[PDB]
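Only one structure is covered here, and it is reproduced in the block below.
All chains are named by letter (A, B, ...) in the order of the sequence lines, taking the proteins before the strands, and each is independently numbered beginning at 1. Numbering of ligands and ligand atoms starts at 1, following listing order. Part of the entry, not all of it, is on display, and contacts are counted within that displayed part.
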Amino acid sequence: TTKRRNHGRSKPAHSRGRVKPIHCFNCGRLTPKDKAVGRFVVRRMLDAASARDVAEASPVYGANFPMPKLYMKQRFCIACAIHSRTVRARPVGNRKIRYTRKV
Amino acid sequence: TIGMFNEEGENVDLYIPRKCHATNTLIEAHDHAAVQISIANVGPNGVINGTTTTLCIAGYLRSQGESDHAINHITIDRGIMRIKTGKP
Amino acid sequence: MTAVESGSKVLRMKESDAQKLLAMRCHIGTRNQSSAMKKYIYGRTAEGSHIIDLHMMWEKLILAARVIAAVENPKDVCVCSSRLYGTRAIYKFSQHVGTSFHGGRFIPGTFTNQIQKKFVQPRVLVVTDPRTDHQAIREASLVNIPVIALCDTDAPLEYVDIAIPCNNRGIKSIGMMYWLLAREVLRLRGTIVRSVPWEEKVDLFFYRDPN
Amino acid sequence: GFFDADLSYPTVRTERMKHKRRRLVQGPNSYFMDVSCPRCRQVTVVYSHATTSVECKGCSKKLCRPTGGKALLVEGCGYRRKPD
Amino acid sequence: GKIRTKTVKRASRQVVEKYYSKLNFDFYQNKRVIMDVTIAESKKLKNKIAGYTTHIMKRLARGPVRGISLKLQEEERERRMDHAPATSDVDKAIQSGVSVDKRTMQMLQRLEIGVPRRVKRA
Amino acid sequence: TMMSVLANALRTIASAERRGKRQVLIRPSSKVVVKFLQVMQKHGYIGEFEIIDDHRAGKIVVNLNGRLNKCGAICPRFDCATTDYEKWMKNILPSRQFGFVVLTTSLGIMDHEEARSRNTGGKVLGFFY
Amino acid sequence: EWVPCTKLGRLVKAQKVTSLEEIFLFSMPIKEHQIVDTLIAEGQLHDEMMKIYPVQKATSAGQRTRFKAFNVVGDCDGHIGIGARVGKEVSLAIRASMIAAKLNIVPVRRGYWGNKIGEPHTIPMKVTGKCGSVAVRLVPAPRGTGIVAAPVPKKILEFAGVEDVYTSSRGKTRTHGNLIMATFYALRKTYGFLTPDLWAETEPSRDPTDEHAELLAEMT
Amino acid sequence: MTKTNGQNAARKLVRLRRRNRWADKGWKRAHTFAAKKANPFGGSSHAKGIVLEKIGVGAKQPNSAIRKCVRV
RNA sequence: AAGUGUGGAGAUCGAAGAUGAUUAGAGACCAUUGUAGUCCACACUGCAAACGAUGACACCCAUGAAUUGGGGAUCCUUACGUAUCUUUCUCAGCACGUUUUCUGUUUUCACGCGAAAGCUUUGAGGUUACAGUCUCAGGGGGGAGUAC
RNA sequence: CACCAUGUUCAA
Ligand SMILES: *O[C@H]1[C@H](O)[C@@H](N)[C@@H](O[C@H]2[C@H](O[C@@H]3O[C@H](CO)[C@@H](O[C@H]4O[C@@H](CN)[C@@H](O)[C@H](O)[C@H]4N)[C@H]3O)[C@@H](O)[C@H](N)C[C@@H]2N)O[C@@H]1CO
Ligand SMILES: [Mg+2]
Ligand SMILES: [Mg+2]
Ligand SMILES: [Mg+2]
Ligand SMILES: [Mg+2]
């Protein structure tokens, strides 16, 4: 039973032979780069309660000059993406939905 | 004179069935998408007569989407529907 | 189908008829395009909308009227619309021509479930849209009912026999195709005469938001 | 619409789009043209897809430049396509 | 004091159909009608029917209720709606000009009727 | 590569006829594949066809009239004696009433029914019904 | 009595549609089993049960059990029909398959092997029919062969009016649910094959619901 | 993807079949001589022997008995 | 990839091994290490879920988004529609837009097929209506990819 | 993300 056409990974049949693996973001498991689920997070450094304390005590930072943030590009193992609930198991008809941009 | 005979010339089979006017496909008894469409023959004053032109289409041809192309091709051949504008 | 057996020009589009079609914008298609309605397009305008050939619009309009006028017991024609903009026009076409009509949710089993008490068996189905009336068409596929449709530029034409090309989207554009078809079926029957204009206003075919 | 495709006698719109070998009878895309030299003025016959660099036999100059498809004639030269 | 059963709701719509004119926005008067128009044995249901009837009388002051089948406010407003002006909306559309597009006007030269009168090119 | 041009032609006719087409374009053609089609014209399974001249092998445009169910090619072209016609009819034809087996004989390319009457044998080319 | 609901059964009860081949001509669904025993004579219509086997559904606390019954019907003159219904009691599913087998009635074209001399003894061409993996192939046989078939296709081919036939079966024929419905699909294809008898053009007719539309409106 | 035509391809088809008949456990037992040389009867039936000792062979699951049999 | 031979290299990870811990036991997972290896040169091996669990070469095959490289335009109809912005030098340039067409990797979508899951111009379709060419393997589960 | 191993033979 082929659970999914493309077999879990972005490689088609006659395109690549292999893709060199990356380590998982927390597991450290080596999975191929096209297989491993990849999220680019734009996480702020401070919570909006905590950022308001720091922006008030800052000569630089205010409503005019915004505070920096973290830009890190996480890539996870498939065991690692389910367990951190980055990704979840979806119904059989619902598995083909593909999101091309961050919602 | 249609259907098989006996060598005594009596029409042996029951039920000579219809044929599709587009694809010459013999319409079966369970082909429940097969439709007949009667088009009114109309006179010189634009009022219908008592005669109609009937054309029957098989069920798979409607199933694909190709029936509407077939009704055009028939009614141009029968002379029912004009193929283009006249010259201005 | 504006070709009669004798060869007269009685059914052909006139400069009064085509002037109504241009005013009601029932020749403007949508931006998208399907394969089966690709033959009905004249060209694409700027802002990417499709223009429908008014010859092929009028020839498929009269062809659908030569089928409806060749129905004794006109209640065997059922005309139906799941979209809301059609429902007022479906009522007035059914009033002047004398056909069955249905609007709203189609309630599946209307054509197949024979022990229902809302069980009808029409001979010709007229749908306003092939897409929103997918359920009316798909039951016609089961019980031998040919389908007349007001198709837009992207229409799924599985099981549609006489596909009329028009603009079935807008409120004025719809209902103008039902006025003009009701105006025509009454002419082919001989109820109204082709010389004088049909006095009955188009405005009653338009859907009006009663709140 | 309303005209069906005839495979023996295809439409000019259908047939002009086709690849040169996918035509009903295959044929060239290229042609010859009568190129006048920018100086020197003498006419030369230059093939439209000339991968070699043709020279003016009088001028001694090169009035063509090969490309991936049609070859590019020099600036300031006049040319009209020859028939057949 | 929770969701009304479909026994309460189907019966309450039938009271509004057959007896719309005898009912208003009060509980304690609508209850006295429903004891004379419903032959059931329970006083608990007849309290719940007079509660949901009173609710769908406040809904009929606002607008239409689905499944109400009142057939006189629907027969009145079907007559008030089927009214048209003397000049059609198509006859007022030609009388200013139809103003077709580039591609449309380039099509209308090709027809056997030519370009119709009262037209423009925009 | 293309091995049998007749087997190519009959496969494109049979494929386009189960799709219900009005015309096929057959490429390449031969003297054999036009002599097969003229057997299929004489018993009216196809209509008029037209051979376009390249200075290559030609192309054939065949007008279909809905009557052909299946035409195919028997490969290799097995030798068929006169005693062997009733064996080939039971194998590839649906009935003894209709349907033809085309053979290439010394007398020409004929169907099985004509070759039985002229008392000849040949190599079998194909069938149509 | 039997009050009909469909327009076809109104015309059958009124004797406006007189024979069963007038329904087969216009591809009409029957939808009411009283149409068939009205049009076919009552003594000239045979039926008997092909198979009854139980099918179980695992539930919480045990198995659910319903019996799936197969019935075949047809006079032995070119009409055949097979229906398969299910039911909790074995008596209900046998009765429901009788209702079902008449709705699926369908005609069988019959023909000749060699020369034509009387009523047709065989099917007019080689035909196969496939349901599941079980495909049976029915081949015309000579005049005095008999039905050469397994006893489940042989009983179906007797009711269809076929007197002499060769038969093959390609795979898992011990499944009789698909073996029965593959003999039915093969005999149903006998009016699907276009032979040079039927090449001729026939003049079109009018639907019984087209012609008798004025009578059917008088039932309302 | 299975087999070969060709009017002159019979040696290929004869070789192809003679090797694939060895996979048939009925053809291979009827055409090898380990079949009779290891059969305790000499490729025959009803061989005589001398009773040595009596054995009770217990039945397989789900049955339960001991089967009375001799070793000869 | 692991492995082997001879020379280099030896940062990091690290079969073996050593210590912690968890455990009823822990020869494991987890933590700290650490040898061979990892990396290069020249030889050897030829053992993969070496996969699309799909042999190669042709043929026919409906539809709508896209994408990569190249090229070209701006009673069955005798022909036709062009925008954007960067521009002192690998610059008569670059990218785009609308449209053609060839080659490649694909996607949601008509037949048909299949026991089904599913496949579908990229066939698993064109197959009991069974023959385009060639080729390799299989014949109930084991023993056994064992013994010689 | 502490630890969490197992339940005799046929049969219903
Ligand atoms: O070789 C092509 C073939 O001739 C043609 N049938 C075409 O089919 C389509 C066409 O599909 C492609 O759409 C792509 C754009 O999204 C386009 O690719 C092209 O992009 C242009 C811009 N970069 C070109 O410059 C480029 O060279 C070219 N590859 C088309 O190929 C559609 O656009 C049509 N609407 C419909 C045609 N049937 O596709 C073949 C290659 O895929
Ligand atoms: Mg790999
Ligand atoms: Mg631990
Ligand atoms: Mg370490
Ligand atoms: Mg133990």
Quick one: what's the drug at ligand 1 called?
paromomycin (bound form)
Which chain forms the largest contact interface with paromomycin (bound form) when counted as heavy-atom pairs under 4.5 Å, and how does the PDB entry name it?
ribosomal RNA 18S
Can you list the other chains with a non-hydrogen atom under 4.0 Å from paromomycin (bound form)?
I
Just wondering, which residues come within 4.0 Å of paromomycin (bound form) on a heavy-atom basis?
I:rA66, I:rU67, I:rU68, I:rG69, I:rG70, I:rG71, I:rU100, I:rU101, I:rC102, I:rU103, I:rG104
Just wondering where the covalent bond from paromomycin (bound form) goes, residue and atom, if there is one.
I:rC102 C5
